[PDB]
Every structure is written in structure tokens, then in C-alpha cells.
Number of protein chains: 2
Amino acid sequence: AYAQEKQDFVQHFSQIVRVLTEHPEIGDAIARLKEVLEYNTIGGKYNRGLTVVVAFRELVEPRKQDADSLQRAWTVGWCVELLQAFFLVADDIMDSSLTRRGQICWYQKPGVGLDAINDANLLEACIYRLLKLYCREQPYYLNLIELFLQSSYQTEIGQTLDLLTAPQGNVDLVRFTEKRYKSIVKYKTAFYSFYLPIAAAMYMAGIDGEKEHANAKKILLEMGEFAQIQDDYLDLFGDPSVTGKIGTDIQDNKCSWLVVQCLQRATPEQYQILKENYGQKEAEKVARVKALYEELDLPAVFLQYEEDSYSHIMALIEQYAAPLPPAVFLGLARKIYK
Amino acid sequence: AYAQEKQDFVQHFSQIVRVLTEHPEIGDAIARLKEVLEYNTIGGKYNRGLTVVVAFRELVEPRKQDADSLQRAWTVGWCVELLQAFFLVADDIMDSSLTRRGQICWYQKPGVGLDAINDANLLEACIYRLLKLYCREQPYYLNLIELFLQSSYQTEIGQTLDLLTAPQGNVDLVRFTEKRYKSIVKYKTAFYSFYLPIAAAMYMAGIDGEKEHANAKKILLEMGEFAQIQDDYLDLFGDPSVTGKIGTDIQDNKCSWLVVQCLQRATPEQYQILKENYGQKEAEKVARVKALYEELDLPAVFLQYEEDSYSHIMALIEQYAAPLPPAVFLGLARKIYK
Ligand SMILES: O=P(O)(O)C(O)(Cc1cccnc1)P(=O)(O)O
Ligand SMILES: O=P(O)(O)C(O)(Cc1cccnc1)P(=O)(O)O
Ligand SMILES: [Mg+2]
Ligand SMILES: [Mg+2]
Ligand SMILES: [Mg+2]
Ligand SMILES: [Mg+2]
Ligand SMILES: [Mg+2]
Ligand SMILES: [Mg+2]
């Protein structure tokens, strides 16, 4: 389980920071990297990184879980957390967000600003530094490099689809379709958040078969679709004290699950209300959209969807888990379905 | 030679774009990637990419230069041009630049803005897409992946040093030292612009020895230091019709070679003039700094430096080229020393 390993995982971060921040000439730049790592890779729930560690423990025979192999698993879990930190620092600039993980976004900090672009790229570079230091002699080293590089390309293509569908200052209700939505979230979130951590543990355990990885992907990309729908729902209806951040999807004209569901149910009067108020900074326009979503009972539509989704994901675990332990996927379902 | 291969190299770009932009769901995002590739990876001199191709031709026996091997060399040269495009798109946002390669910077284009952050990352992702498609079965594949990843980390650490030394709105004359300068440019420019293209050709030719790569690096990082000093000089004294871009180093408070040389020669009255006018947006303050640099004959100091640098780099070619053909380094010296 995760809940137990959260403190244990977090305890390994100080060694990750020490190995990355140990040529005195670059000293000031290494001090800045330490500040970027400390600010941006801590404060989250660490679900993606913990997934690597728990899945590795469940997939590798305990007699093979020696100290060095376990250290490699913790390090690769932290690599997944560094990839997410890279995407979030940059996403927060592109989405004009204000807070993340209970504090001001890194780019909004006085003295940081758009220098955060380079800081995000340093976080991504740290992944490959750690893989070389800890994993270069292992038979799965190239599989992991390619998996992290593919996950980044996937995510970036999905970010392009997200940003193209959400132009600033242009109405884009015509592209807020279920088909467009499923394509955005599959690429921007599902691959790196669900497939990547389990696939990394699979490769570290010697499970490199195409069929085995395709079957796990069938479960995991559907779980990732639900995780992004829940993120969209919480952007507006979650409590920032719990989520750690303030939502921006309506002001940012995003193809959110909520707006997709709104358009499917709206009358022509409601469609016009959404056209006139969506995608704009004015607080009273944002409030009108939320009031429309409440008039259409979209919170009840989301709860029903969550139930139907959970049943679908469990049916996929029954179809596709074997020969992996079903616990690998059940523990991940427990973290996302609250 | 380069001058001949410029059109031949450019002719391969259409196949690079076709293989990268060939799942209809992501179609709109792939169309945007094609626009980012067309806008940002064309218009330059292609010196870094051509260096890969010319060095490969000079290092590999002609009987081994079959069509497929030559295609791999063109593709890896284009990978170096994609790395430079990634760094330049992001650098232009962080340096608040206006033009590049004779047109408005990508981020300044109406409708692009900070979405250019994700576009820059897509350019970097394309490198690894091409290396996998064209080079995965080759014995040097992992050497090239690691070389591109190291070059990126080097460059990003140097960008951190550049940005830290150049705070907006704070005087930083105390850190504009020759020692700080040499450290910034070695990491931000010399590794990716000079070592990377020659080292990539070396690995493709089977030259993977640590000693051979260290000796080439001794020449190439010094040539890269001169290339950044020339870039700094041209930021203020070059003609934008020739350089393709407008300089921003004085307004951006940069640790430019020019300001370093100014501080070494300044009287106390001149130091105060530079303190009051450097690092600020006002056009009349920028003009005062340029007038001070002219009073101190910094253009003549740069020409003398260029002569002394060229003699030093040629002495290093005599010391360290062997057993590589000296032409590999002489052709690169000819491109940078005008
Ligand atoms: O955490 P956020 O900003 O709600 C988000 O989930 C962050 C994110 C960044 C990159 C890829 N996927 C999700 P978004 O998609 O912007 O709603
Ligand atoms: O082309 P530019 O902007 O003059 C530059 O050379 C671009 C650049 C970007 C990244 C690394 N090195 C040089 P800079 O260093 O900003 O002066
Ligand atoms: Mg966001
Ligand atoms: Mg986003
Ligand atoms: Mg969100
Ligand atoms: Mg610049
Ligand atoms: Mg710069
Ligand atoms: Mg410059």
C-alpha cells in the first residue's frame, strides 16, 4: 500500500537532492536547481512515484529486492515525480494559474517569472541524470530512457491539443466534443500519469513483452481518462484547501469535461448563456457558467459517471490484468476513486 | 565544405518534416508541430547541423558512406538544429527578444504567446523521435541519446548561470567578472554548439574513446567561448540586417563580454555611468552605455581579441587534433572566424 510508504518515499528525496546538487564554478546554478527541486517536487501526494515503488515490490520476487534494487525503484519513482514537476511548472505558466500544492505557483514568485521555463527544463534533465547514475548498468536502462522520452512526447502532443482547443479570446464551443475531449486527455494525462509508472516497474521487473504492456495500457489509459475528468470536475467544484490550487478552466476557455457535458444537455437559451460567458476573465461571467452547470445538475452527472467509470475500470482489470497481480491495478484504483 | 552542402542539407528538411508529421485524432496537434518546425528550424545558417554532415564525411571511409548511413548523418545534423531551435524559442521568451532570423520571434506572434513554451519542448522531443526512427539499430544509438541529453543539461545549467547573473531590476556589476563570464559561456553555448555536432559525428564513425573525445573537447569548447564572445559583441555592434535579430543584452542586465571588458577599463566616473544606465529598458540609458563602450574603444579591443583567439584556437588544433583530420576543426574555424 501507498498510505504507509508516503513517509518512506519522501525520506529518499534528501538523497535525490544531494546526488543532483553535488566543478565549483556552476555552484550558484546548482544552488538554484536545489531551490527548484525543493519548491516543485515536494508538496504533492506522490501517487505516481509511489506507484512505481509499490508495483515494483509487487512484481519482483522478494529474494530479488536487495538494497540496491530497491534504491533503483525509489529513484525511478522520483523520476516520475520530476517529470510531473516539469510538466506542472510549465503548465501553470501556460494556464495562467495562481497556486499549486497550497502555495503560489513557482513562476508567480517575485524574482522567478518566466525564468521558470528554464527551471522546468532542468527538472526534466534531472530524470536522465538519475537514470544514468543509478540504472546505466541494468538491462532495462534503454527501455526506461525511451519510456520517459515517449511519455514526454505524448504529454506534449496532448498539451498542444489542449491549448489549440482553448484559444484565448475566441469562442470554441464547436470543438468541445466528447471525441476531442477523449483525445486530449489520453495524450496529455493518461500516458504519463498511469501507464508510465506501472510500465517503468514492469521493465525493472524484466516484464518487457509488447502484449503484456498493451494489456496493462488498456486498463491504465482508461483509468487516466477518469483521473482527468475528476481533475476537470474539481477545477470548479473542489475545495482549494483540499486540491491545493485554484481552478482556471472556464477563464482559460478549456475543453473541460464539464463544458462538454453542458453542451450535450443545454437548451438553445443555455447554449447562448455559455457562449456569452465562457472563456473570459470577468468573475461575474465565470459565476454565470458555474450557475448554469449547477442548473444542469452536472455534479450529479459527475457522481453517476464516477460510479459507471469505476465499474468499467474494474471490468477491464478482470479482462486484462493477467498474468500481473490484480493488486497492482486495484491499489491504483483505490488512490483515484474516492 | 559547408557553403556547398547548405542547399543539400536544407533539401532533407522536407523528409524530416514528413516523417515527423505522419492516429487522425491528433491531426490538429500534428499540423501545429509542422508549423512550429517550419517557422523555427528554418532561416538560420545551419552551421551546427552541417558540421555533423561534413565531419561524418571526413571521418568515415567513403566505401562506408552508403545511402542509409548518409541519411542517418543528415538526420542527426537536423537533430542538432532541432536542439538549437528548442533552446532559441525558449531563450527568446526569457530574454524578451523581438526578432530572430529576420522575422518576429515565435512567442511574439499574435496567437502564439506563452504556448511557445510547449512548442519549444516539442522541438526537443522530435530529436529523440528521429534518433529512434533512423538510428535505433546502430551501435552508437545510446551514445547519441546520452550526448543529446547531456548537451541539454549543460546548456540549461549555463542558462541558469546567465539568468542568475542578470537579475531584472537589480544592479549586478559585482558579478560581471571574466571568471563568471567564462563559466556561463562554456555551459550555455560551447558544449551544444561545438562539442555536440563533432562528437555526434565521432560516435557515428565509431570513434567512442574517452581520450579522443576529451582532446576534441579541448579545441571545441575554446572555439565555443569565442563564438559567444562574438555573439555578445554583435548584440550591440552587429547589423540586424545581417544577424537577423535585435540585441537585448544591455536592457536585460546581461554578463556580456562587452560589460566585462568595460568594467576592467572603466575609470570611477565611467563605472558610475555604467551603474546608472545598465540593465534598464530606457532607450536613452542603453544609448549611454553604447557611447561608453565606444569611448573605451571596445570594438578595437574585440578585433584584437578575435586575432588572439584565432591564433590560440589554431595552436590548440596543432596540439590536440590528432589522429582526427585537422580539416574537421579548420572548416569549423572558417565558419566562425570572419
Ligand atoms: O493540475 P492541472 O493544472 O489542473 C492539470 O491537470 C495539469 C496537467 C499538466 C500536463 C498534463 N496533464 C495535466 P490541467 O491539464 O492543466 O487541468
Ligand atoms: O541568439 P542569442 O539570443 O544572442 C543567444 O546566443 C542564444 C543562446 C541560447 C541558449 C544558449 N546559448 C545561446 P544568448 O545566449 O541569449 O545571447
Ligand atoms: Mg493547468
Ligand atoms: Mg493545462
Ligand atoms: Mg485541471
Ligand atoms: Mg537570447
Ligand atoms: Mg539568452
Ligand atoms: Mg546574444
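Chains get letters A, B, ... in whatever order the sequence lines come in. The residues of chain A that appear here are 9-30, 35-350 by the PDB entry count, in order. Here chain B follows the PDB entry, giving residues 9-30, 35-350 in order. Counting starts at 1 for both ligands and their atoms, in listed order. The figures here come from the full heavy-atom set of this structure, side chains too, leaving out hydrogens, waters and symmetry mates.
- At ligand 1, the PDB records name the drug as risedronate.
- Bound to risedronate (ligand 1) with the largest number of contacts is the chain that the PDB entry calls Farnesyl pyrophosphate synthase.
- Other chains making heavy-atom contacts shorter than 4.0 Å with risedronate (ligand 1): A.
- With a 4.0 Å cut-off on non-hydrogen atoms, A:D244 does not touch risedronate (ligand 1) at all.
- Annotation for risedronate (ligand 1): atoms under 4.0 Å from non-hydrogen atoms of A:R112 are 1 (O), 2 (P), 3 (O).
- Heavy-atom distances show that, of the Mg(2+)-binding residues UniProt gives for chain A, the following lie under 4.0 Å from risedronate (ligand 1): A:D103, A:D107.
- Between A:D103 and risedronate (ligand 1), an N or O atom pair is found at a separation short of 3.5 Å.
- UniProt lists residues of chain A as binding dimethylallyl diphosphate; of these, a heavy atom within 4.0 Å of risedronate (ligand 1) is found for A:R112, A:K200, A:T201, A:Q240, A:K257.
- Lab note: ligands/ions < 4.0 Å from risedronate (ligand 1) = ligand 3 (magnesium ion), ligand 4 (magnesium ion), ligand 5 (magnesium ion).
- Contact annotation: A:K257 has at least one heavy atom less than 4.0 Å from an atom of risedronate (ligand 1).
- In this entry, the organism cited as the source of chain A is Homo sapiens.
- Risedronate (ligand 1) places these atoms under 4.0 Å from at least one heavy atom of A:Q171: 9 (C), 10 (C), 11 (C).
- Around risedronate (ligand 1), within 4.0 Å by heavy-atom distance, are found A:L100, A:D103, A:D107, A:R112, A:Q171, A:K200, A:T201, A:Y204, A:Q240, A:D243, A:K257.
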Could you list each nitrogen or oxygen of risedronate (ligand 1) that sits under 3.5 Å from a protein nitrogen or oxygen, with the atom names and the distance?
unit_1, atom_1, unit_2, atom_2, d
risedronate (ligand 1), 1 (O), A:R112, NH1, 2.9
risedronate (ligand 1), 1 (O), A:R112, NH2, 3.2
risedronate (ligand 1), 3 (O), A:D103, OD2, 3.0
risedronate (ligand 1), 3 (O), A:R112, NH2, 3.1
risedronate (ligand 1), 4 (O), A:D243, OD1, 3.4
risedronate (ligand 1), 4 (O), A:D243, OD2, 2.9
risedronate (ligand 1), 4 (O), A:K257, NZ, 2.7
risedronate (ligand 1), 6 (O), A:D243, OD2, 2.9
risedronate (ligand 1), 12 (N), A:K200, O, 3.1
risedronate (ligand 1), 12 (N), A:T201, OG1, 2.9
risedronate (ligand 1), 15 (O), A:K200, NZ, 2.7
risedronate (ligand 1), 16 (O), A:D103, OD1, 3.1
risedronate (ligand 1), 16 (O), A:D103, OD2, 2.9
risedronate (ligand 1), 16 (O), A:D107, OD2, 2.8
risedronate (ligand 1), 17 (O), A:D243, OD2, 3.1

